[PDB]
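Structure follows of selatogrel associated with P2Y purinoceptor 12.
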Amino acid sequence: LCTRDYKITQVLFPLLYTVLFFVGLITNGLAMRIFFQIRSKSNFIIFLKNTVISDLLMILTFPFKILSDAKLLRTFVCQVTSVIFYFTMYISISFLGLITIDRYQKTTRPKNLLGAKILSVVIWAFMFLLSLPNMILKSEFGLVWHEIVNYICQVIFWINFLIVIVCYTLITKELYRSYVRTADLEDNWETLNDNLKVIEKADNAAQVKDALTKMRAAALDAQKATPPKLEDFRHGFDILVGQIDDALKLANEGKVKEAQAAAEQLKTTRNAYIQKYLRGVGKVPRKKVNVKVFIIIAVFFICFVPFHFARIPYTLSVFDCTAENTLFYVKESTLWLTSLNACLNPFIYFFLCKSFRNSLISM
Ligand SMILES: CCCCOC(=O)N1CCN(C(=O)[C@H](CP(=O)(O)O)NC(=O)c2cc(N3CC[C@H](OC)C3)nc(-c3ccccc3)n2)CC1
Ligand SMILES: CC(C)CCC[C@@H](C)[C@H]1CC[C@H]2[C@@H]3CC=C4C[C@@H](O)CC[C@]4(C)[C@H]3CC[C@]12C
C-alpha cells in the first residue's frame with residue numbers, strides 16, 4: 001500500500017544498527033570484564049553493573065533487527081527479540097532513574113548494598129513478567145494487553161523522566177547558588193582593590209568619598225559572605241572596615257591627602273596579610289562536577305526522550321502515504337536513538353565511576 005526508499009529501509013538502517021552493534025559489543029564487553037573485577041561497594045556501582053547487562057541484552061537483539069530489515073519461522077523470532085529489546089529498554093530507563101537519584105543524593109552530601117540488589121531484582125522481574133505475555137503470543141486478549149503494556153511503559157518512562165527533571169533541577173539550583181556565592185565574593189574583593197587604585201589616582205574628595213563607599217560596601221559584603229571558621233576571621237574584617245571607615249572620615253572632613261594615605265594603609269604588610277587570609281577563608285570549593293554529572297540527563301535525553309515525546313502528537317491526535325511514511329521514519333529513527341543507549345551507557349561508567357576509568361586507563 002505504501003512504499004519507501006529501500007536505500008534507507010534495507011541499507012541505511014541495517015548499517016546504522018550494525019555500527020551500534022559492534023561499537024556497543026566492544027565497550028560493554030570490556031566493561032563487564034572491568035565490572036566483575038570491582039567489588040560492589042555501593043548503590044551506584046551496582047546499578048551501573050545491571051546496566052552492563054541490559055546493554056548486552058540490547059546489543060544481542062540488533063542482529064535479528066539488522067538481518068530482518070535488510071530482507072535476509074523468520075517472523076516469530078522477530079516478535080520475541082523485539083520484546084526482549086523493549087524489555088531491555090525500559091530496564092535501562094529504570095536503572096537510569098535510580099542512577100540519577102543515587103547521583104543526586106551524593107551531591108547533597110559532604111542498609112544499602114543489600115537493598116540495592118533487591119530493588120534491582122524487583123526491576124528485572126517486574127519487567128520480565130510484563131514482557132512474558134507479549135512473547136507468549138486467534139485470541140484477542142493479547143492485542144488489548146498490548147495497550148496494557150504500552151500504557152505501563154508510558155508511565156515507566158514519564159515517572160523516570162520526572163525523576164530526571166526534578167533531580168537535575170535540584171542539582172542545577174544548587175550549582176547555580178554555589179556559583180553566584182563565589183562569583184559575588186570574588187567580586188567583593190576585586191571591588192575593594194579596584195577602588196583603592198581609584199583612590200590612588202584621584203584628585204578631589206568626591207572621588208575618594210565614592211570609591212571608599214564602594215570599598216566599605218564591598219568589604220562588608222565580603223564579611224557577610226565569610227562567616228568565621230570553626231577552628232581572627234571576624235576581627236580581621238573589623239580592621240579592614242575600620243581603615244576604610246577612617247579613610248572615609250578623613251575624606252568627609254575634607255583632608256583628601258590624609259584620606260588617600262589612610263586608604264593606602266590597606267597595602268601595609270599586615271593588612272594585606274589579613275586580606276589574603278580573609279580571601280582564603282572565603283573560598284571553600286565543594287561543588288558537584290559539571291559536565292561529569294549531567295552526562296546521565298544527556299544520555300537519557302538523547303536516547304529515551306525522543307521516542308516517547310514524538311509519540312504523543314500522533315498517538316493523541318491518515319490515508320495518505322507521506323504522513324504514514326513520516327510516521328514510519330520518526331518511529332524507526334527514535335527507536336534507533338533508543339538503541340544508541342547501549343553504546344552511550346559505557347560513557348556514564350567512564351565519566352562518573354573512578355574505579356572503572358582506572359581499568360580503562362590500563363586494560
Ligand atoms: C516493560 C516492557 C515490556 C515489553 O514492552 C512491550 O512489549 N511493549 C509493546 C510495544 N511498545 C510500544 O511502544 C509500541 C511498539 P510497536 O508498535 O509494537 O512496534 N508502540 C506503539 O504501540 C506506538 C503506537 C503509535 N500510535 C498509536 C496509533 C497511532 O496511529 C496514528 C500511532 N505510535 C507509536 C510511536 C512510537 C514512536 C514514535 C512515534 C510514534 N508507537 C513498547 C512496549
Ligand atoms: C504521576 C503523578 C501523580 C506524579 C508522580 C511523580 C512521582 C512518581 C515522582 C515525581 C518526583 C519524584 C521525586 C523527585 C526527587 C526525589 C528525591 C530523592 O531523594 C528520592 C526520590 C524522589 C523522592 C523522587 C521520587 C519519585 C517522584 C515523587
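For the single chain, residues carry numbers from 1 onward in sequence order. Heavy-atom basis, side chains included; hydrogens, waters and symmetry copies ignored. One-based numbering, in listed order, for ligands and for the atoms of each.
- Location of selatogrel, all copies: ligand 1.
- Restricting to heavy atoms under 4.0 Å from selatogrel (ligand 1), the involved transmembrane segments of chain A, by UniProt's N-terminal count, are 3, 4, 5, 6, 7.
- Measured on heavy atoms with a 4.0 Å cut-off, the binding site of selatogrel (ligand 1) is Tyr86, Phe87, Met127, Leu130, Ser131, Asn134, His146, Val149, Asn150, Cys153, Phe307, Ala310, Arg311, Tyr314, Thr315, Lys331, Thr334.
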